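Check out this one - (S)-(-)-nicotine stuck to Neuronal acetylcholine receptor subunit alpha-3.
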Amino acid sequence: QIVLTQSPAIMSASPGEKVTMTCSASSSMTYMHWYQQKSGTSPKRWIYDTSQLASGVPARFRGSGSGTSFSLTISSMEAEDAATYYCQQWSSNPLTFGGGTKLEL
Amino acid sequence: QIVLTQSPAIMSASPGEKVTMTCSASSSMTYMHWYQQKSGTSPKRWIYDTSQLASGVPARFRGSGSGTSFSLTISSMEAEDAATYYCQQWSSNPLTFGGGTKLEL
Amino acid sequence: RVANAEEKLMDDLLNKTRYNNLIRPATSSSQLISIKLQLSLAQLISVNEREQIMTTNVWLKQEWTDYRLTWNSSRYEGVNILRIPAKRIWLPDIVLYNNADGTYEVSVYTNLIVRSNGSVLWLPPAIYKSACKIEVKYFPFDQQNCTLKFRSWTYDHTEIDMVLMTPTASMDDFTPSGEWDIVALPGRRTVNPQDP
Amino acid sequence: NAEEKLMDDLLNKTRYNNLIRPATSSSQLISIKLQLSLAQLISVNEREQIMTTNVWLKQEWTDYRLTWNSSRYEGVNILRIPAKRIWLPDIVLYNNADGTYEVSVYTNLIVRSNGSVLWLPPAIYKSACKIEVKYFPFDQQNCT
Amino acid sequence: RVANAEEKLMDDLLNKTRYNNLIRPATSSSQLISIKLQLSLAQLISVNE
Amino acid sequence: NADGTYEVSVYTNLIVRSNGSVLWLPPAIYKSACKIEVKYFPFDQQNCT
Amino acid sequence: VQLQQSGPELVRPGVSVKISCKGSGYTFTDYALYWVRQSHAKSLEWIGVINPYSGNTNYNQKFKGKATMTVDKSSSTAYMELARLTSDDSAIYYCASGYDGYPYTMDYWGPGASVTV
Amino acid sequence: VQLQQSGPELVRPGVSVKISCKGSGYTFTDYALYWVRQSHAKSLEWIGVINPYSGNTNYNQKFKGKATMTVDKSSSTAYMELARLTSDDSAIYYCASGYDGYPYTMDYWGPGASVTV
Amino acid sequence: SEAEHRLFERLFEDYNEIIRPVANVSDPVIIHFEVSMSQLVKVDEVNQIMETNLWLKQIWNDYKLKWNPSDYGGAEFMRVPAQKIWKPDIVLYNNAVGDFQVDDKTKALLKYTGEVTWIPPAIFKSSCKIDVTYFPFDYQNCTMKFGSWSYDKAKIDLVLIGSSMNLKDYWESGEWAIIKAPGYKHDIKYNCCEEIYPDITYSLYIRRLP
Amino acid sequence: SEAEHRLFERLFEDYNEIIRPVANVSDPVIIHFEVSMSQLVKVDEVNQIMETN
Ligand SMILES: *[C@@H]1O[C@H](CO)[C@@H](O[C@@H]2O[C@H](CO)[C@@H](O[C@@H]3O[C@H](CO[C@H]4O[C@H](CO)[C@@H](O)[C@H](O)[C@@H]4O)[C@@H](O)[C@H](O[C@H]4O[C@H](CO)[C@@H](O)[C@H](O)[C@@H]4O)[C@@H]3O)[C@H](O)[C@H]2NC(C)=O)[C@H](O)[C@H]1NC(C)=O
Ligand SMILES: *[C@@H]1O[C@H](CO)[C@@H](O[C@@H]2O[C@H](CO)[C@@H](O[C@@H]3O[C@H](CO[C@H]4O[C@H](CO)[C@@H](O)[C@H](O)[C@@H]4O)[C@@H](O)[C@H](O[C@H]4O[C@H](CO)[C@@H](O)[C@H](O)[C@@H]4O)[C@@H]3O)[C@H](O)[C@H]2NC(C)=O)[C@H](O)[C@H]1NC(C)=O
Ligand SMILES: *[C@@H]1O[C@H](CO)[C@@H](O[C@@H]2O[C@H](CO)[C@@H](O[C@@H]3O[C@H](CO[C@H]4O[C@H](CO)[C@@H](O)[C@H](O)[C@@H]4O)[C@@H](O)[C@H](O[C@H]4O[C@H](CO)[C@@H](O)[C@H](O)[C@@H]4O)[C@@H]3O)[C@H](O)[C@H]2NC(C)=O)[C@H](O)[C@H]1NC(C)=O
Ligand SMILES: *[C@@H]1O[C@H](CO)[C@@H](O[C@@H]2O[C@H](CO)[C@@H](O[C@@H]3O[C@H](CO[C@H]4O[C@H](CO)[C@@H](O)[C@H](O)[C@@H]4O)[C@@H](O)[C@H](O[C@H]4O[C@H](CO)[C@@H](O)[C@H](O)[C@@H]4O)[C@@H]3O)[C@H](O)[C@H]2NC(C)=O)[C@H](O)[C@H]1NC(C)=O
Ligand SMILES: *[C@@H]1O[C@H](CO)[C@@H](O[C@@H]2O[C@H](CO)[C@@H](O[C@@H]3O[C@H](CO)[C@@H](O)[C@H](O)[C@@H]3O)[C@H](O)[C@H]2NC(C)=O)[C@H](O)[C@H]1NC(C)=O
Ligand SMILES: *[C@@H]1O[C@H](CO)[C@@H](O[C@@H]2O[C@H](CO)[C@@H](O[C@@H]3O[C@H](CO)[C@@H](O)[C@H](O)[C@@H]3O)[C@H](O)[C@H]2NC(C)=O)[C@H](O)[C@H]1NC(C)=O
Ligand SMILES: *[C@@H]1O[C@H](CO)[C@@H](O[C@@H]2O[C@H](CO)[C@@H](O[C@@H]3O[C@H](CO)[C@@H](O)[C@H](O)[C@@H]3O)[C@H](O)[C@H]2NC(C)=O)[C@H](O)[C@H]1NC(C)=O
Ligand SMILES: *[C@@H]1O[C@H](CO)[C@@H](O[C@@H]2O[C@H](CO)[C@@H](O)[C@H](O)[C@H]2NC(C)=O)[C@H](O)[C@H]1NC(C)=O
Ligand SMILES: *[C@@H]1O[C@H](CO)[C@@H](O[C@@H]2O[C@H](CO)[C@@H](O)[C@H](O)[C@H]2NC(C)=O)[C@H](O)[C@H]1NC(C)=O
Ligand SMILES: *[C@@H]1O[C@H](CO)[C@@H](O)[C@H](O)[C@H]1NC(C)=O
Ligand SMILES: *[C@@H]1O[C@H](CO)[C@@H](O)[C@H](O)[C@H]1NC(C)=O
Ligand SMILES: *[C@@H]1O[C@H](CO)[C@@H](O)[C@H](O)[C@H]1NC(C)=O
Ligand SMILES: *[C@@H]1O[C@H](CO)[C@@H](O)[C@H](O)[C@H]1NC(C)=O
Ligand SMILES: *[C@@H]1O[C@H](CO)[C@@H](O)[C@H](O)[C@H]1NC(C)=O
Ligand SMILES: CN1CCC[C@H]1c1cccnc1
């Protein structure tokens, strides 16, 4: 029922620069997850429960938000960070994914 | 914590015209007061508890509002009604007043 | 998330249609909800004669038809019976009026069964300290007549019926008392003409 | 329905408070009136000087905040409200042996278009009265 | 409005996002909360034999 | 205890200091159940626990 | 921990298709399986969840009358069949196993089969 | 009902200043005193509140290290002392006495002193 | 813990406490049931009543209350109030004083696999019949009949944990000596109702010390 | 009345009921305390107890 919408769609940043991605919902929720897909491979679990990092994730990143506004945040950009990020929720039937913000150089 | 903002800043009306002023807040509240200052002299208590009138106030005015939006309304414009109106809340620490609306002929 | 059929059904009955337990299911004006009841005795435990109090556990099955609690069976992958707690739906307050204490109502308040018809059944567990008078002339070769008066305190005859189903109370899970003998258990429905 | 709209229109949190007493002005006496309905003298214990009764004490009054006319609301003129939701006077008895002042179960009550609210709850009371025991067992007993 | 020091401190301590009275104060896993107790008698009111 | 009152005693408020030392002293009557050695009588000891 | 699928398949429209997913390297019970499709617009959607200990399936309401999800507890392999294929089904199909606790996230991902109608 | 204040004062920056407020025409206890500044742009802000029966003060968090508020139950007069005067403090200072109940308003207002630095 | 606080916040965001906790509707819950006795308070010979202090060990499973230990701080056990979770209504039929439900002031124990363990204490006034044909040289038999009041055999299936009542924490009596106390599962059909209800009957076999 | 309803709404908007009611902190509250007796129910000489209202 909840439709997720990301902003922006295509973006880029220099190495050593703050990167901010927003995921917005129709109605309100509290917990939302984030996935990384690189080029030509399968996605990995990247952030769960809106702020918690996964197992093999460097500590540069930070997720935060509530209500209908959520945001992933990168402090130190790196050349190995060019990927596509998806936001997904499960609080309302059915399971919906985001559009997918593409971060490149 | 709460900063009030009035609209409009400077306005004017003819005698016998409906006048509406708005006071907006950052977050929600329920009770808000209105003070009148003339030119040169001291202010007076004019409207309290968002709808009530003081002792020496004619019964033409009407205050109303809720949430984060409040308004004062003049039905019949008066000749000596050129003054400056301030809106203020005590519901959040600290006591913040309004910017002030100057109503002249 | 992952939900039952019964969880979706409970979301669709109560909170979707804005269900209110304070107002009775009348389709029109001046309609008598024909509620019906029957008693099953379980055990005589005390027939205390000095205080004139009998205590019995009874099973009063009372059932009616609530048209707001209906659903389609094949939509929710097949559910014909559904059980809900008794403080959420409408039910008449049928209690005793002859007891030695002040406790009229059932102090247990279990859950009750509603079907796809809309037919609601309620069978609360209860022991009662009824108060009956003792005929003590032919002691100890004596018969005792003791009565139980079930009626409601909220509604009246102009708003609910009260239909006795069987003429006699059943004797099904009865354990024999050892001191007393049940010989007959009649039951009747009392209404006063020229007194609605 | 009509009763579900009337219940929400009459008892609303912005306009109804079950803790303020319904007087149109200051120094107005709300004339509440009551009468007692005895059911059974279950024990008139003499050594502890306690009589134990059950009564159906009825009382009616006039609430002006619960008035409506019939023609808006499809001919409805009675309601069934839980008693703990509207304003009620706290009439109890004082000469009791226990600390049981109030009523047992707080049953529903009937309000009409006129504003006449009538409430009839059941209550048991262990009242304490004195026992004149000069004559025995041929004696009158006055218990209040 | 006007509050006390105790009201502000009370609003800071027992905060719903930060304090929960159903999880025990263990800083890590398998940490024993050492509590200590001492009984104080007041009266032998009755001994029913 | 002789009753079924395994419930906690009365919920008087408790003192907590600046470093978190939480102290609680509730008052309680208890109907404790002890066995009565009644061989000597009335010249008896009673060990009640 | 590995997940293996079928290869890419060419299906003429009007013909059903069956794809598989076999997991190894972990206990195959206690993890649920998710079927996730990704189109050519990088806007990936969800199809269904199966629980291989019991077979309790929960489909998406968009894809209720098209998908059939089964398991095989002897060989630890799940099957998914799609019927009435149209032109909007040439996509990448992923099977993803994840623990059924309160993260409720896809812990592990497959390589991804390719279906061209 | 009158409030009386001092006249305008010319104080160089870096010197503390003290103004007063003396009320008559009402019972001086059971009210409370509010201090309100007003700049030259007629955008006026609040400084502090004192209770003249007990002396309990509450300052604004902007003005905590500057203002000092005392009362005197002898002559029924409040004193306000400002420290660290700069060029951004030339304003009009009002004392206003209001009842300490749930209106929580300024029922009466003073003439206003003028501080030019 | 911060992780246990986040788990408690995540666990009860949406939880209907009145629907039965099965994944599939045509599956009964399986409630492992055990009773333990602290003491045998008194058996009133005149009134034919029996006061006992019992702990009611009940273990069941819940599909919605399971979590991952590797993602939530290593936490494996949570304590929840008995009021928030779903819990069955095991009611003894042959009762003689007062209400039938047991109160809920105690706390349940969630394991990460969904296993819920609930131990309420209770006093019970059973109504066993006695024979005094021998006195005081008598053996007496008294029964207790626990069981779900509403749910069928196809919605609650009861299972005994052991084969007898626990007498491990048994406070001695000094007047009655317990010989044996077995427990037996039955599946009975009442004449009110067209469906089969299960129950568990315990049978104390005591003797007076004369 | 109309003014009592607005006062009751204003009076309990934000009222912490477990902070003790003093403007300062070192000030103690002063509680005037009086007790009245309605009847003396019984004094059990055997159990050594006293029941009062
Ligand atoms: C155990 O104890 C109970 C308690 O007493 C007994 O219950 C009694 O049962 C009998 C019948 O079995 C009842 O007798 C009936 O009384 C009715 C009341 O009459 C009213 O109307 C007159 C005006 O004429 C009033 O003055 C009076 O005060 C009453 O208000 C009668 O109306 C009944 O008449 C019968 O026949 C007519 C005509 O066919 C029918 O219309 C009636 O329905 C009815 O069948 C009848 O006489 C008696 O009232 C009950 N007692 C009480 C206190 O209610 C049990 O019978 C007893 N058990 C055994 C086994 O004996
Ligand atoms: C069953 O038992 C009850 C309990 O006693 C009896 O009720 C009492 O009845 C008597 C009279 O029958 C009442 O006595 C009344 O006393 C009043 C004065 O007492 C007050 O004032 C003195 C100081 O002057 C105080 O010390 C005292 O405590 C009281 O505060 C009189 O004013 C009464 O007179 C009545 O008639 C005159 C007309 O001459 C009227 O103007 C009066 O207003 C009043 O109506 C009266 O004499 C007594 O109050 C009753 N209650 C109690 C608790 O004792 C029942 O009478 C008894 N039943 C039977 C059938 O005997
Ligand atoms: C008032 O009444 C109370 C209750 O009756 C008495 O309390 C008893 O006190 C004695 C001694 O103070 C306790 O005896 C202790 O038992 C412990 C456990 O016993 C084990 O072994 C027996 C078999 O022998 C098993 O049945 C039992 O289940 C246990 O498995 C022992 O460990 C104790 O030994 C002590 O010393 C050793 C070294 O020798 C240490 O290592 C131990 O840690 C321990 O300190 C001891 O033997 C008895 O359990 C108490 N309870 C009961 C119910 O009897 C009070 O003594 C009495 N007071 C007065 C003043 O009379
Ligand atoms: C105190 O009072 C209580 C009751 O008031 C007595 O309790 C009864 O005890 C007897 C003896 O154990 C119980 O009988 C047993 O029932 C078991 C359960 O029966 C189920 O399974 C059988 C077999 O499929 C079905 O036919 C039946 O319908 C049930 O579904 C049986 O399994 C037992 O059988 C065993 O013994 C026989 C020989 O007797 C062997 O042939 C069998 O193979 C098997 O080993 C047994 O029949 C009875 O159920 C209890 N009743 C209640 C209500 O609890 C106490 O015994 C009594 N105390 C004393 C000391 O007398
Ligand atoms: C929905 O409503 C129907 C009614 O159309 C219910 O069917 C009725 O069910 C009851 C009991 O389940 C039957 O009562 C029985 O009657 C026989 C008659 O001899 C009696 O011997 C039995 O002891 C019992 O009282 C009743 O006959 C039956 N039919 C009718 C027409 O009432 C049905 O159970 C309801 N529920 C569902 C889920 O369908
Ligand atoms: C609303 O209130 C009015 C009163 O303001 C009600 O009028 C009163 O109604 C009662 C009950 O019907 C009448 O009492 C009756 O008195 C006769 C007298 O012989 C008695 O025999 C009856 O048994 C009954 O007790 C009362 O006379 C009547 N008048 C007054 C002034 O009270 C009115 O019924 C109420 N209903 C509505 C909707 O107005
Ligand atoms: C912070 O925590 C410490 C302990 O962790 C608290 O200090 C303890 O305070 C108690 C009384 O509040 C002291 O008890 C007294 O000790 C004397 C020593 O002879 C004894 O004779 C008295 O009967 C009484 O029990 C205790 O000594 C003291 N220290 C320790 C190590 O326990 C302290 O109160 C807490 N709060 C603050 C604000 O510091
Ligand atoms: C609940 O269980 C029933 C039976 O265990 C499931 O019904 C089965 O569904 C499978 C799906 O392919 C069929 O092959 C079986 O023939 C069905 N059996 C019966 C008896 O109908 C049902 O699907 C389960 N519920 C859910 C939501 O999956
Ligand atoms: C609470 O009361 C104490 C003492 O009653 C106040 O402490 C005094 O404050 C004044 C004002 O700064 C000082 O001049 C005194 O030296 C203080 N100490 C005394 C009198 O012993 C305290 O300020 C009060 N709290 C508040 C918030 O005003
Ligand atoms: C569903 O109804 C119950 C019954 O009162 C209520 O407590 C609950 O808040 C409702 N749920 C929602 C989401 O409104
Ligand atoms: C229940 O649903 C099925 C399928 O949606 C439908 O065929 C049937 O008519 C419905 N029942 C009723 C009483 O309409
Ligand atoms: C109370 O009345 C106001 C205006 O009449 C209305 O907006 C509000 O919804 C009512 N309250 C409820 C709970 O309906
Ligand atoms: C009922 O109230 C309505 C609206 O105020 C009015 O139009 C109508 O005349 C009233 N009916 C009466 C007083 O009988
Ligand atoms: C503490 O309470 C405040 C009160 O509004 C709340 O805004 C805040 O989120 C809570 N938590 C923290 C960590 O400040
Ligand atoms: C097993 N329960 C106890 C006896 C009747 C039966 C029952 C049947 C329907 C609703 N509630 C209870």
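To find a chain, count down the sequence lines: A is the first, B the second, and so on, and within it residues start at 1. Counting starts at 1 for both ligands and their atoms, following the listed order. Side chains are part of it too, since the values below use all heavy atoms of this structure and drop only hydrogens, waters and symmetry mates. The structure shown is a partial extract from the entry, and contact counts are restricted to the extract.
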Can you list every ligand or chain that belongs to (S)-(-)-nicotine? ligand 15
Other chains near (S)-(-)-nicotine with a heavy-atom separation under 4.0 Å: which ones? C, I
Using a non-hydrogen cut-off of 4.0 Å, what is the binding site of (S)-(-)-nicotine? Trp59(C), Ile113(C), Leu123(C), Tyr93(I), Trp149(I), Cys192(I), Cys193(I), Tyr197(I)
